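To start, the structure itself, in structure tokens.
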4 protein chains.
Amino acid sequence: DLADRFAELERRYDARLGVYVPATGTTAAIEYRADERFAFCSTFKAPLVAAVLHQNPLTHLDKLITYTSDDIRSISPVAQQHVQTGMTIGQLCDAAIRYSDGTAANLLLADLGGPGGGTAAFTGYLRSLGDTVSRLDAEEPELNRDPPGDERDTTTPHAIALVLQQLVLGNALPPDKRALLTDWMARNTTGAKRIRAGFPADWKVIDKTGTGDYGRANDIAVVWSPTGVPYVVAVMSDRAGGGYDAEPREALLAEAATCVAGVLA
Amino acid sequence: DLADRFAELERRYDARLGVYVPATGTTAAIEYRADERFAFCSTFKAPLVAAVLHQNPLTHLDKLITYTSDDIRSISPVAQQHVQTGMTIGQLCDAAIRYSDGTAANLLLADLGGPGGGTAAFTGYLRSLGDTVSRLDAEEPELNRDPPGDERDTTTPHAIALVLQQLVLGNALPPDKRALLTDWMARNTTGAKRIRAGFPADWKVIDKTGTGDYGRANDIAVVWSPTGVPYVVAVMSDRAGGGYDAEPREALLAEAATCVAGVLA
Amino acid sequence: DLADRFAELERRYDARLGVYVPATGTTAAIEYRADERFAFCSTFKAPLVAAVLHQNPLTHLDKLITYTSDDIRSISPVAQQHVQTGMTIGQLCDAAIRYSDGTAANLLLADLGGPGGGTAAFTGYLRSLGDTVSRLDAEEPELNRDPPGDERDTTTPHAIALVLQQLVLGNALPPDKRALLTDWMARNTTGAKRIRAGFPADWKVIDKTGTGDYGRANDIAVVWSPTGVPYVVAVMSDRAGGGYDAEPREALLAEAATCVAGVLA
Amino acid sequence: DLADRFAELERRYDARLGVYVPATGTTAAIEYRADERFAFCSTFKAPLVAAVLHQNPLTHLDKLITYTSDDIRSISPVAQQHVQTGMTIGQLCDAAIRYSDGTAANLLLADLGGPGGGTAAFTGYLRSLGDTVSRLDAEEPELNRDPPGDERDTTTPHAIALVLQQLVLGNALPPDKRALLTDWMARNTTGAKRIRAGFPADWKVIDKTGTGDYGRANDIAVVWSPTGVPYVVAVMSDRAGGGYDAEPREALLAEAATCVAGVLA
Ligand SMILES: *C(=O)/C=C/N[C@@H](C(=O)O)C(C)(C)S(=O)O
Ligand SMILES: *C(=O)/C=C/N[C@@H](C(=O)O)C(C)(C)S(=O)O
Ligand SMILES: *C(=O)/C=C/N[C@@H](C(=O)O)C(C)(C)S(=O)O
Ligand SMILES: *C(=O)/C=C/N[C@@H](C(=O)O)C(C)(C)S(=O)O
């Protein structure tokens, strides 16, 4: 019957919608189009940081990286301002998470090295976490104007949940680094209207958003109940029907979170 | 399956639980022990104010009412301070709602007049709103130490919902007065951890709480969705199992509200 | 010329206003009626907690304290709810700071012992910190209806600043305890509209408010610049002119903080 | 007093600093190097939009403009992506304000027509608003890399304030258009750490930034007090001392705004 409540939101908001919450000690998993493909958008920036955290020691975040005016092809609210000054890996990661800065993302991919501009290195990282399905070829901005049906630059709710789970809750990173990533996500600016707004205030929520064309809108998060019980929530949507220029509806993502909060409480 | 989620909370929290939300233009009502009797506790102070608003002109709120130090039997954080000075009907109502002042309650019942200390007059008022089941017999504090099963000083979730609906949303009161009551409930101090904490912040919530012995804990509220859709939510509980001195669990009330928010979103 | 800006606010808001910030390594202090007496209101609850932290070991916070329904004479949003269950010293302190609970305050004074209900014990504590001027005689609620000119239950901005400085920044408490107090103040609920609202968001602010009759309104705080430079800010006001029933203006407190932020930046 | 506080910031940050706030119904203006020349940087994009709003009817914003890959000389986060699709005047203006897109800027100058690439047409527009000092000669990127002392592509705080005032507050534009421009500025992405960060959150702020070599960093804004009183704030800086390669300090701009907020409150 929760299936039917998601299908309702789908109809109201004129969108296809994908939801995954893994199982726990107590609870059974929650599936809805969980094994269908969706566009990543900016959601892959979460693991990306983790990949950079994984590859290098912890003092590596101090390395300053320089770049040019014509390195800014994507929207980049932080990179734009620090062309003269440059930016350290540390600041790059902060921005990529907290502000969804597109340029930084690309710089960090380059920090991974390897062909594809570091997209292979990163693809490789996901496999280390047992992620077969997710696939990534292009960078920002080009990847977020790929057409519907195209399986390049895509993932499933099921998949990305299990990644985020291993990173945050699992032992995929040392505690010190893990800490950093949570801290960053805990302070995301771009996610107020989506998963955060669907949960009660007494729940703790850390999230990473994704947006694009064809009404594409995603949010992946870890939440803690008022008694500190952790849960992973992958929410993904699109509106490929209204074409390229369709607007995403955060309201959709907020409403679903509320249904989910209901079963989890 | 929502039936099964309430029965779960019941088992977790070792409590009996009553829930009612009336039907709307779209949605069907939500019932769970909705037609079972529970203790009012301090929840009856909401209609009580309405009864005093209903019976008298609007300038009647300026009438000063004096009382003694030994008129303070219940918890009365506001009555305590204004013993020498007295208090106007207006300020009495504010206190009764916003602070759940027990003395004021009794003063207002006396303002209704009639035997029972004004409990019959008040019982009479509810019938004017088509409320058959509800009964009120004693005053504060004595009423909050009635034993389980005793039908004096009781109501059903179903009933009190339909009252609150008529008062707040319906035309049971002139707009000016209606306004006052909503304003007061909007500014309740005593309700943070119950219904308010079960809904997302982007919902508007006005509530009136109740507490007592045998783990008795109630909260009735009107909520607005993020798009201004109103709903009435009656939640009532008790824990007569652990006897007189069983502690109430607000956690229970907050958790249920969350399940409810889930179906309403 | 900052003198003239405070006198302006005074005239606009029809209020007397007291401001103190101590001197630092760099900066000179800020004075305006800093050595004039004002009512404490709920501001004394900050040191009060410190006095209880000072007097007893750290394990003492687990001692559960019981009380009756008629022990709630003041407004007490948390004491209200935990009459059946009781409350530990630890929880009492949290409430007294975070919610300005009036009852708890009085219970804690009783924990200090001595005549005056523990007001002498507490008065004694301030002298240990070299505070000459500050005086405390009555408890809640009686102290909040002292008339203007009455020097009982009063302090100066200068004084209370130097206390708060020693507690938070100075070595007046062991680090562990100090930590607790800061944590509590960092999470004050009652202070959003006063000092907090006069500083830019990139400043860190921890505060403790006070309100009462005769438009009495205070806020004492520690702030950190965006680069972690600490400062102590005492702000106090009243409007004894419009009599007992004069309303306090938080706007006044927020405006002054802004003038202060200006010199500190 | 305040003169000396600006000279301090100057010394701290190793920079020359220009500040202007016009006079109001109440307050006297604020001058500090207000009549000295500074580089525009990207600040001129504000009036530029206004000039295009002024010259043409309101439906002109729908005219699509196409361009080539080799038309993208400057930083252009939006122009980069819409080479295939093209962009309407409407979208061009949004970008120029909200994202400080450098290409769009140049396209719009071309929309004005005339020699200099439309820089004379634009220079001409400012004179219509009674602005004598301001001049513009080159386009992006070339204009941001021309040396200190060179009076081409420059303005004074005094001047640009009086322009922004007339546009936003004054009757320089019809309400409908005026509305558009404010809306755009209200939604600037590039300005978080400058003027916006120096004011308290309860102030409303709309801004337009500028950055360049020789530590050049500007922000012009309209602010509303918490009670809706409007003010215009021009802040400009540079660090020609450390030569071409000197890094700009937004911190400087944020600090000054704080001093200004202080006098305005
Ligand atoms: C991540 O969610 C995407 C970042 N930004 C894009 C979006 O649609 O939100 C763009 C297209 C603005 S970016 O220039 O690629
Ligand atoms: C409203 O919920 C009831 C308040 N009653 C109190 C009273 O003093 O009458 C108590 C203490 C009996 S109950 O614990 O709320
Ligand atoms: C802090 O001590 C202020 C207390 N005074 C008032 C308040 O704001 O709580 C009263 C007078 C309402 S107190 O609770 O009696
Ligand atoms: C406007 O001030 C922005 C101009 N863009 C850049 C350019 O390449 O011209 C800079 C370097 C001046 S700015 O640092 O973003």
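Labels below follow one simple rule: chain letters A, B, ... track the order of the sequence lines, proteins then strands, and each chain is numbered from 1. When a ligand or atom number is given, it counts from 1 through the structure's own listing order. We read in the header that X-ray crystallography, 2.7 Å was used to get this structure. Below, each value reflects all heavy atoms present in this structure, side chains not excepted, and no hydrogens, waters or symmetry copies.
The drug or drug candidate found at ligand 2 is sulbactam (bound form). In the deposited model, most contacts to sulbactam (bound form, ligand 2) involve the chain that the PDB entry calls Beta-lactamase.
In contact with sulbactam (bound form, ligand 2) at heavy-atom distances under 4.0 Å, by letter: B, C. By number and name, no other ligands or ions lie nearer than 4.0 Å to sulbactam (bound form, ligand 2). Bonding summary for sulbactam (bound form, ligand 2): covalent, to B:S42 OG. The source organism of chain B, per the PDB record, is Mycobacterium tuberculosis. The site surrounding sulbactam (bound form, ligand 2), defined by heavy atoms under 4.0 Å, contains B:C41, B:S42, B:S74, B:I75, B:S100, B:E140, B:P141, B:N144, B:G210, B:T211, C:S69, C:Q84.
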